[PDB]
Participant: 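Sharing a structure below in structure tokens format, with a few things to ask.
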Amino acid sequence: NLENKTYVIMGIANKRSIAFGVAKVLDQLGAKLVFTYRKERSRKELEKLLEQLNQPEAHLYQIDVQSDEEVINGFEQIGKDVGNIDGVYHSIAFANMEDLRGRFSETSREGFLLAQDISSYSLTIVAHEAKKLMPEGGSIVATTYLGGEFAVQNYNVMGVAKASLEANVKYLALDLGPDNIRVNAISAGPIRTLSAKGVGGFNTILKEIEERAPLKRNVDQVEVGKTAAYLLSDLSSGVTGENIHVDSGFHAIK
Amino acid sequence: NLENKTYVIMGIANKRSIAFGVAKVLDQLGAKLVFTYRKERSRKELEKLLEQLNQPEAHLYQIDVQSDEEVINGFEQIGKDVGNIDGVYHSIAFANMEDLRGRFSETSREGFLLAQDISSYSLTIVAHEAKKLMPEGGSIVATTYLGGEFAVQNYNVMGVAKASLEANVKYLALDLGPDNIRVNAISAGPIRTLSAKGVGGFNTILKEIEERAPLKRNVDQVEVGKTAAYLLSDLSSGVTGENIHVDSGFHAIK
Amino acid sequence: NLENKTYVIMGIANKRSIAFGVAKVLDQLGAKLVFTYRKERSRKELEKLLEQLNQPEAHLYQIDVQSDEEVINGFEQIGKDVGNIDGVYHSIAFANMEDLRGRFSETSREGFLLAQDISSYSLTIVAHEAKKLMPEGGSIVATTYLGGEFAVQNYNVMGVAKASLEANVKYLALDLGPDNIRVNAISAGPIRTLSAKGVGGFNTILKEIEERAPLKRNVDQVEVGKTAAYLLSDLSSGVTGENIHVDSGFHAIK
Amino acid sequence: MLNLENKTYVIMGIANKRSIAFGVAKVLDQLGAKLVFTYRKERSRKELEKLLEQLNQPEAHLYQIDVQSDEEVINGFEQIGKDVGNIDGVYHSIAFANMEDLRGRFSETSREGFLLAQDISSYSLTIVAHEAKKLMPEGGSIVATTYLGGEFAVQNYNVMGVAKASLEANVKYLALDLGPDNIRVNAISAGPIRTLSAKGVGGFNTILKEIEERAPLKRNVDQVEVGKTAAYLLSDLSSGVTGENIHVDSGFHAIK
Ligand SMILES: NC(=O)c1ccc[n+]([C@@H]2O[C@H](COP(=O)([O-])OP(=O)(O)OC[C@H]3O[C@@H](n4cnc5c(N)ncnc54)[C@H](OP(=O)(O)O)[C@@H]3O)[C@@H](O)[C@H]2O)c1
Ligand SMILES: NC(=O)c1ccc[n+]([C@@H]2O[C@H](COP(=O)([O-])OP(=O)(O)OC[C@H]3O[C@@H](n4cnc5c(N)ncnc54)[C@H](OP(=O)(O)O)[C@@H]3O)[C@@H](O)[C@H]2O)c1
Ligand SMILES: NC(=O)c1ccc[n+]([C@@H]2O[C@H](COP(=O)([O-])OP(=O)(O)OC[C@H]3O[C@@H](n4cnc5c(N)ncnc54)[C@H](OP(=O)(O)O)[C@@H]3O)[C@@H](O)[C@H]2O)c1
Ligand SMILES: NC(=O)c1ccc[n+]([C@@H]2O[C@H](COP(=O)([O-])OP(=O)(O)OC[C@H]3O[C@@H](n4cnc5c(N)ncnc54)[C@H](OP(=O)(O)O)[C@@H]3O)[C@@H](O)[C@H]2O)c1
Ligand SMILES: Oc1cc(Cl)ccc1Oc1ccc(Cl)cc1Cl
Ligand SMILES: Oc1cc(Cl)ccc1Oc1ccc(Cl)cc1Cl
Ligand SMILES: Oc1cc(Cl)ccc1Oc1ccc(Cl)cc1Cl
Ligand SMILES: Oc1cc(Cl)ccc1Oc1ccc(Cl)cc1Cl
């Protein structure tokens, strides 16, 4: 399947991060990987995590997506360091924790814009710069949640950033299609991760999946990873602009 | 139908503005109205336009939705001036002209955020402040475009702002529902307005409607205005979180 | 609003029928009406119900939509009897009760086809014959349920029939658009009616609305009736091919 | 990882070498699966035997099944059981309507045209699933083929559009019902491809070009491209995925 393919994975914080599910799958399929992190506070973290994978050597780059400069210099560095790439997995979002609770109508302007900034626009420059490393096409995948298509009870501002992300995926598919670059999203069902703790009611969400979703069980990081392997490889060559729900069928019921 | 109801209408620039179609319809149905504008450069403009309507007196307020302060002071002023209101029609959007062309992947961070700011978040504070003037419920309506649900060819950043606006409507419906405030959107088809001139290829868009759309003709401001009257009145009491296409059936075909 | 307009209303069984909410609304707006029923077992029923409305005289026609002949002769008779019409409200569906429970995978071929036949195809001949009584355009509205967009837990075959109904509305809107005939659907939220008793778990459905729906309450026949008045009148002239949820916003949350 | 040895799938609706189900067949066959083929007519039986020389099945597995007949679907799948043991998936690639319903005013379509289309293109999935379930003790995966015309009114698809809308719901309702038995039900919304049935759909040429001109990838897809997504849907790569409708259509479904 995937020898000699190269992918940049963005947004591993620890062993439970969705991007680490993706990482493990692609690593198993023999790909080489490039990891980006926000903070040093998870850098030495990552080095430990990497002992678990079989990279011939480490590729770790600090990228805070709030900074145009870091994304540009980051991707230029990846260029000089590994050569051309075949894909990017975007696993990045954020919002202020007090926005992710209380009345959505109460959310501040800066809260709103901050969420859009990190969870949605980041995909955009990321794509633009990644494009530079993809002469003969490639594949970009971002992670969303159902809360981007429907109002969910504690997701508020992040819901609005997901709706924004989803459209961003469509508009980038259209724009980067002629360069043979496919842009897709995976709408994951709830998984227990570090960021999951910011979302209120997350426990009762977890249980509604088990009770009402068709498969009657929750998904996990490895499951999201296997769909990312599909989206990033040539198995999905006909596929762009799409939003694939890895959520035990929850999106289909009501 | 609508005597003694009061509605704020936001975003009339001239006689061709969509919000002026809404204005005319509600004015005919005997409502009293409150108008908000961005610039003095369209204030004396508005006074002329109002001569066409039958308001017993003028209610005009400068509100730039980029400024928290102006929205708050604006709606407090309305409170003191007219008393409680029954609805708000939001007809506001903006993006940088050079973002509305060229590759979407080339758009700047500030372009992106500016568009989200005005076209999407503004609904949020608007709602929050309007809620203060709506003790026993009411109805809020914003205007969107199909470009929010699908990638269209020159809409780019505004597309991503519309996707965001539509989710904003959903999240606001959920939050304000218990206070008996309904939040809905109208996805208008292309209409020749002042802002329409920013959107590239607008002519061929206009014709695709005439050619491919079920009704085989374009809509107009008054036709948007008539649905607005429905969304804002008790006729739609069961209806919230909804997106009603006033677009000659274009949304339904492919 | 609606003096001298004429509409055919199809599928009143008793005072709790959705079509009777529509009836009451349009009758109040001063329209004249034409009623169609399946069984004599609800004919004298209807005569009683009509005492509640202010029709200058009775217009009652037996139409079983399973029979091509009855729909044709029915609508020809209406023509000779009242002249040309302005709309049709379709409120008809049926499936075998043992299909509306048990595994959906167990449903019989005849069960499936019967449900499609009455709940979906009926709209088609109805439109075709109606069109004959609509020289200068008009408006057709059918009734659907969310179960047509998502798998709901006891709806089974009727869900597949609604998905079918929804697409039939779209394809008719496209076909009858040039003759200025608008085709639309209303996706009602659960209401306690005679047919409602066939759908299992209906009670817990009713309560999920009150609990999780934005408006935090159930809708009723008169509420559906007021949206029908909008779809059928010139207020919705720009509107066709559309599905308007009258369901307290339940369709927008998840 | 590696992939699909010793998996067994029933492929339904190969008419000739251009049939979509033959793209699926070629992909799965390449991934080392064993296959079972079902056909409507003898008129395409000896057809199939020829096509199979192209694949590497250790032996032939061919079963006549007309989905209009409850009996043939039941006896067909019981025969598959006795013949090859338990299966892992089913690829459904079957639809039909009367040719004169695929043109003209949709409003003019006959009752029987309507019901016939539902019957073959939609309901068939249901009994197929019901019977297939009997050969899937520890779960499996069912995939059916649709078209965008199921979601939006397209200009010549008429009655088939209403059958696809019905097909898509059927997948959702089956996912819900068969989920607890570990059986996933999904669809692939293919973009236009030149096949035998394609010739019944009017305007098919200008459809083909709108894809090349307006679709993000600016080119048409093919059977092998549909086949590779089917491989994903049928394998454990998609374990988290049911009730879903995956567009293999160069991104056309996302633009407007
Ligand atoms: N967990 C779920 O059930 C779930 C469900 C649906 C969608 N998702 C999506 O999956 C993605 C990641 O979620 P997760 O569960 O993997 O959570 P996670 O383990 O907390 O990963 C979040 C990552 O975001 C990074 N990050 C946040 N802001 C950043 C910025 N400005 N620049 C660079 N990196 C930044 C974090 O680094 P730091 O730790 O240093 O902040 C962390 O690596 C997000 O897009 C999220 O919305 C998760
Ligand atoms: N025209 C179409 O075919 C079409 C189609 C779909 C949706 N829409 C939507 O319709 C709405 C209105 O557009 P229109 O076509 O009627 O154009 P328009 O006549 O130019 O009206 C747009 C209004 O938005 C205002 N605006 C921009 N920034 C503002 C701010 N910061 N504060 C207050 N007002 C601000 C403009 O004010 P100033 O000019 O005074 O600065 C103007 O009054 C928008 O939401 C647009 O997305 C239009
Ligand atoms: N009740 C709800 O909560 C709900 C929610 C969403 C959507 N809906 C929809 O709203 C519509 C109206 O249903 P309802 O709730 O008002 O039920 P209802 O009061 O019992 O009305 C159903 C009507 O359909 C008629 N019908 C069934 N098969 C027919 C046939 N072959 N020919 C002519 N008429 C036939 C019945 O006729 P006779 O009884 O006179 O024989 C009856 O008048 C239905 O399409 C239903 O799917 C209902
Ligand atoms: N081609 C496209 O661009 C396109 C696009 C979207 C969706 N699709 C879908 O693709 C699927 C497959 O058709 P195709 O276009 O690939 O070419 P095809 O092989 O010509 O498809 C027709 C298949 O249907 C089978 N069939 C019809 N009725 C049957 C019955 N009652 N019992 C058993 N088999 C029956 C036919 O078998 P016999 O003819 O041998 O009897 C034939 O093999 C269809 O479901 C279609 O809706 C195609
Ligand atoms: O998108 C998500 C959806 C779910 Cl159900 C759970 C976690 C998610 O991820 C986040 C949620 C909130 C914040 Cl502030 C940051 C992140 Cl990464
Ligand atoms: O959203 C729109 C969609 C269309 Cl088809 C036509 C006009 C539109 O309205 C705008 C477009 C661009 C900017 Cl900057 C501002 C506005 Cl109000
Ligand atoms: O569509 C419906 C949805 C709901 Cl919640 C309740 C009733 C409905 O309508 C019916 C459902 C099944 C049958 Cl046999 C007949 C009818 Cl009239
Ligand atoms: O549905 C389709 C859509 C397209 Cl664009 C091309 C082929 C299709 O397939 C069919 C269409 C009509 C009939 Cl009667 C039978 C089949 Cl197999």
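Sequence lines set the chain letters: A, B, ... in the order given, protein chains first and strands last, and positions in each chain run from 1. Atoms considered below: every heavy atom in the structure, side chains included; atoms not considered: hydrogens, waters and symmetry mates. Both ligands and their constituent atoms are indexed starting at 1 by order of listing.
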Participant: Quick check: which of sulfathiazole, triclosan, thiopental, zoledronic acid is at ligand 7?
Facilitator: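 The right pick is triclosan.
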Participant: What would the PDB entry call the macromolecule that lies against triclosan (ligand 7) with the most contacts here?
Facilitator: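 The largest share of contacts goes to enoyl-[acyl-carrier-protein] reductase [NADPH].
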Participant: Which chains, by letter, have non-hydrogen atoms under 4.0 Å from some atom of triclosan (ligand 7)?
Facilitator: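 Chains with a heavy atom that near triclosan (ligand 7): C.
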Participant: Taking heavy atoms under 4.0 Å, what residues and nucleotides bind triclosan (ligand 7)?
Facilitator: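 Within 4.0 Å on heavy atoms: C:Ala93, C:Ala95, C:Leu100, C:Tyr145, C:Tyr155, C:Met158, C:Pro190, C:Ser195, C:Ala196, C:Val199, C:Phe202.
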Participant: Help me out: what species does this PDB entry assign to chain C?
Facilitator: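 The PDB lists Staphylococcus aureus.
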